[PDB]
Amino acid sequence: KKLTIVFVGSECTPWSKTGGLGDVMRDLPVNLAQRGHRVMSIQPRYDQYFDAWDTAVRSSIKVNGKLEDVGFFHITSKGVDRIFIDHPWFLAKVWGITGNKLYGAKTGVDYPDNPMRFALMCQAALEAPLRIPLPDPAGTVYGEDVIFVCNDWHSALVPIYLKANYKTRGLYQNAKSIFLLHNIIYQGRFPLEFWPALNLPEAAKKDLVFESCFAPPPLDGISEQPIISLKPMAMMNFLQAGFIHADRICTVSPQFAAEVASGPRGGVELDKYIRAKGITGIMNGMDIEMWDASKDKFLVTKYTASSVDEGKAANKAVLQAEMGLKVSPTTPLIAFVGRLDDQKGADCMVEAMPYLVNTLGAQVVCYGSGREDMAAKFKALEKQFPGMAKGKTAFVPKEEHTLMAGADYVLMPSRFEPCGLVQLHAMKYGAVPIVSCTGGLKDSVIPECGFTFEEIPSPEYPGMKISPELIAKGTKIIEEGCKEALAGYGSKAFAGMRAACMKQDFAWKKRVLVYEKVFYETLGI
Ligand SMILES: C[C@H]1O[C@H](O[C@H]2[C@H](O)[C@@H](O)[C@@H](O[C@H]3[C@H](O)[C@@H](O)[C@H](O)O[C@@H]3CO)O[C@@H]2CO)[C@H](O)[C@@H](O)[C@@H]1N[C@H]1C=C(CO)[C@@H](O)[C@H](O)[C@H]1O
Ligand SMILES: Nc1ncnc2c1ncn2[C@@H]1O[C@H](COP(=O)(O)OP(=O)(O)O)[C@@H](O)[C@H]1O
């Protein structure tokens, strides 16, 4: 068939990234482009990207009543014409290359521009197909028979800007809008007085207005404690307006799709739109070219599934040495990777450390970046457990590859996981996953590949008065869950899990065909 597709989000690897979001908006659009579709990605210009060149095409977008000049920077990479929205609110943010902290200064603290920024980002994204000729400035323009894939709350306003501004005036009529939920807790909930600044018609105010007792913290600077009233408050919600006007909802896992429809816990407070409209779970793939331990760049000894035992223990020595753990091939090696906050479950895992080293015997590597509390405790691991544990906060792409090939077991104690990528990455490289039993972790870590202890407790949640000194005995589920899995290290069962893990196929080729048909339905052909 072949059609025009336009991805719209707040991250694209390698340019911006705080986690999986960026990686999906790198991989998915390329693997769609391989099928013959004309694909584009649209992201903000947070920093002066050396490979991003000004198209010279400007436009003016109305925000907070004042017109705003924005520019459009372009780059063709892997058949995907990516575009970057240039403006002072994105580019001139707090310094040190941004990288992480795209959306806030600290972690838990957001920038008060975010309403206007992602209001600006969306409207601007709707211009790009109309007024920028690609690949070269003497080439064709994208046009109007274009499907928009929009990713999380940050691009949750393009369905409603599309209909309320553009389709009104007789363009993008053939165009449809797909929403893609990577996460449910992040909904773009803002105070109601930011309404004027959005520049949507007054009819469309009804779709943004929203009532709940849980609001994210006051958007000032220092506070990060979600206020909780008895009578529900009035506020905004970009994500609901994404659900209202999206011509289809997708999400990143069959199991997670189920958990969002399930009710106000699993849908945060938005369950009744998803359950009404429907949500197709398409689990995330991975890049096979990049993640391939038979042919990997960052590996000393490269190995297949036929030659695992040798290859891993070789790359484990490298790892043990690099972290500075005793170089013992018979000592188990558990690896944790994920952001340092409540969702990924560091706080409990770290409380569970003595039992993992002192009682089970294993070594524990710990990558992560996020809140100041858990970052502090991570660095001091190698002090308190000398040569039996390390905590790396701040790290490189290269450092995550050696960690997988070296680790015996990989650990994810998540409260919930829409899909997760570190367990997919591990299984590719033979590291046997010990996981929390939620979402994409349930779908991906089958019993043939790994272990699945029961999930970790949260509150009524989106980080309320977080982890009650009591509920933080979630720890014991990890102590227990690991004890089973590691008792069995060096079994023929373990060698079967190793082989099983790597024979699984995580390439997008399959996933894309599902994504591709969901388009055809929403359109017509
Ligand atoms: C990894 C994660 O990256 C992005 O998450 C952002 C939020 O989008 C952003 O709003 C911000 O969250 C803060 C929030 O705004 C505020 O209310 C609160 O006070 O503090 C929060 C934390 O500071 O920060 C995070 C991190 O920068 C994406 O938007 C998320 O969707 C994404 N997680 C997803 C993505 C994938 C990819 O498929 C899944 O595989 C993964 O399991 C899932 O968690
Ligand atoms: N603290 C971090 N900051 C930014 N990226 C990270 C961090 N920890 C891991 N990563 C990278 O992000 C991805 C992990 O994302 P995923 O497992 O989908 O869950 P989440 O997106 O919630 O972190 C991996 O590709 C890994 O390279």
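Residue numbering for chain A follows the PDB entry, covering 18-542 in order. Atoms considered below: every heavy atom in the structure, side chains included; atoms not considered: hydrogens, waters and symmetry mates. Whatever order the structure lists them in is the order used to number ligands and atoms, beginning at 1.
Bound to ligand 1 with the most contacts here is the chain that the PDB entry lists as Granule-bound starch synthase. Found at ligand 1 is the drug acarbose.
Within 4.0 Å of acarbose, judged by non-hydrogen atoms, the site holds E28, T35, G36, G37, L38, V41, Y120, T124, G125, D127, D169, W170, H171, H199, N200, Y203, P234, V269, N301, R356, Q360, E434, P435, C436, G437.
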